[PDB]
Asks: 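Dropping the structure in here first, questions after.
The lettering of chains (A, B, ...) simply tracks the order of the sequence lines. Residue numbering for chain A follows the PDB entry; the residues present correspond to positions 40-243, 272-358, in that order. All chain B residue numbers match the PDB entry; in order, they span 3-109. Chain C is numbered as in the PDB entry, which gives 1-120 for the residues shown. Just so you know, ligand 1 is whichever comes first in the structure, and atom 1 is the first atom listed for that ligand. Per deposition record, X-ray crystallography, 2.8 Å.
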Amino acid sequence: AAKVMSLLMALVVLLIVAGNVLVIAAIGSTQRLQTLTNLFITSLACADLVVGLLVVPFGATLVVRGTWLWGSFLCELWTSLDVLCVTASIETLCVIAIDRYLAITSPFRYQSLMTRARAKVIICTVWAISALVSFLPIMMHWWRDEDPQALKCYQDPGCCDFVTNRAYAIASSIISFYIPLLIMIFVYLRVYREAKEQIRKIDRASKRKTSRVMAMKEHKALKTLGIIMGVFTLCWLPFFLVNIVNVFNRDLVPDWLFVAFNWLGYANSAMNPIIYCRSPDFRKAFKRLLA
Amino acid sequence: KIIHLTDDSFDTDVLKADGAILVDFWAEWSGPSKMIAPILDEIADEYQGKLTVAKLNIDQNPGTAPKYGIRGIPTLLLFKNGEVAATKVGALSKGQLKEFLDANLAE
Amino acid sequence: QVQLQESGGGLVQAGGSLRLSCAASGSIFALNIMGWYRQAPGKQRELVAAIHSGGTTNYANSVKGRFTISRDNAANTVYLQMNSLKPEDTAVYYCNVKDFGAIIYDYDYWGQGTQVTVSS
Ligand SMILES: CCCCCCCCCC(=O)N(CCO)C[C@@H](O)[C@@H](O)[C@@H](O)[C@@H](O)CO
Ligand SMILES: CC(C)(C)NC[C@H](O)c1ccc(O)c(CO)c1
Ligand code: NA
């Protein structure tokens, strides 16, 4: 079991790094892929890449060895880098939802409203918020619990548990996950709602001659919308539920499960290349990039 | 295939013994301790070579159980080179027990 | 299979009128843009007019006020009513459907094209 658990982590890192390198390559190397949407995809892929290179590997060791080998400074920097890259990833998924909703439902308004320079500000904002929730609290010790047993792990350099106070775990969870999850629901719900109301206007048009049914395109669009919300939710909702649970009755949920769910969340970063880069132009670039 | 332990033979049969030993702490009074007895018989055959099932009656030999801090029964202590590697407590089905042994044995 | 069937073009006197029509047969996602582009000889293809499933429109400057785009509420069919034609408007006109059914990206369908020639 601990033989196969370790091998599994390895390919997680392989899938993340490969996938996100392949994406960033494709976008930078293809004139046709440098669209406005793919600008936000580039932000996403950067976040997930840093997850694959630095965040997951150092985390993989802490499971294998059962202790932190690189001393108190790097514990806190790695922790910041983790929170930063997760926050950027998830908040960027949320920006993409918004973007696509506008470009599908108000395409002409969206072209004038959403300039390339406006997109850059949105992107930079997302990383600023991600920094200010991770690096600023974590490096400045605002996250720290006052407990004695918590203060033992802070003084031990072999211990790199992420024990936070009440306030930080609430705020950090809301900012990194819950606000984005609500936005992503609201927004993608108005895509479903818009498409259903549009089919009503088509049946009203017919003067009772036809009633429309879900065709190939409509089932496929609903499957996509499901994958987007399903995979994201599956991957991060368990961890972020449990993270809020620990703020109340910390004994209730085991530590091995808390960590197991944090790995499920890292796995999202391997999924995002697969979900968000299926365009015919991406497919062409990927084959060109693999000689 | 099962070793039937004493207080005295415990050092030679479990602490000195080669490979993995799964010790069952059972009693004749406990209804939960018996419910796994026919399941452990099947495990001794099906995990031949990989594991050795061992049993110790706490009515017979009360001196062993205090040392490892056994609260309830049945408690299954898996042993690896004179140390307790993993533990389980309470009664189980065959499929629940196979997953515990599958996970622990293949490192 | 999706296919776009263009009609209504041809030859016409300057100051006259034409009414292009493009009938999109096949599965198209409810949310989309049907449009008209054109390509005058030895030039690049440009947008003429476009209409979202929603009802919003978008025109080029050259044709603003003269041309008006509309769509059949029932079927996937789009009409470009071209009035006050000038020799400048002469081009091969292409029907286009931007399909949004993939959500993250759009799929494009183009018509074969139909000639419009406006003589003075
Ligand atoms: C460019 C946009 C700049 C906006 C920057 C504001 C970021 C949001 C404010 C903020 O960072 N937090 C909410 C404020 O509570 C989260 C934590 O900073 C805070 O919760 C913790 O410091 C305490 O919980 C621990 O003592
Ligand atoms: C515990 C460890 C490995 C540092 N991971 C943190 C986790 O990925 C995370 C990311 C962003 C967050 O806002 C929080 C909650 O503080 C947690
Ligand atoms: Na520490």
Asks: Can you tell me what they call the drug at ligand 2?
Replies: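 Recorded as salbutamol.
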Asks: Would you let me know which chain has the most contact with salbutamol, using the name from UniProt?
Replies: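 The largest share of contacts goes to Beta-1 adrenergic receptor.
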Asks: Return the chain letters whose heavy atoms come under 4.0 Å from salbutamol, other chains only.
Replies: A
Asks: What would you say the binding site of salbutamol is, if we count heavy atoms under 4.0 Å?
Replies: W117(A), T118(A), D121(A), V122(A), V125(A), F201(A), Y207(A), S211(A), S215(A), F306(A), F307(A), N310(A), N329(A), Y333(A)
Asks: What organism is named as the source of chain A in the metadata of the entry?
Replies: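 The entry lists the organism as Meleagris gallopavo.
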Asks: Quick one: which other ligands or ions are closer than 4.0 Å to salbutamol?
Replies: none
Asks: Can you tell me which residues in chain A that UniProt annotates as binding cyanopindolol end up with a heavy atom closer than 4.0 Å to salbutamol?
Replies: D121(A), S211(A), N329(A)
Asks: Enumerate the UniProt transmembrane segments of chain A, N terminus first, having a heavy atom under 4.0 Å from salbutamol.
Replies: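 In UniProt numbering, the segments with a heavy atom under the cut-off are 3, 5, 6, 7.
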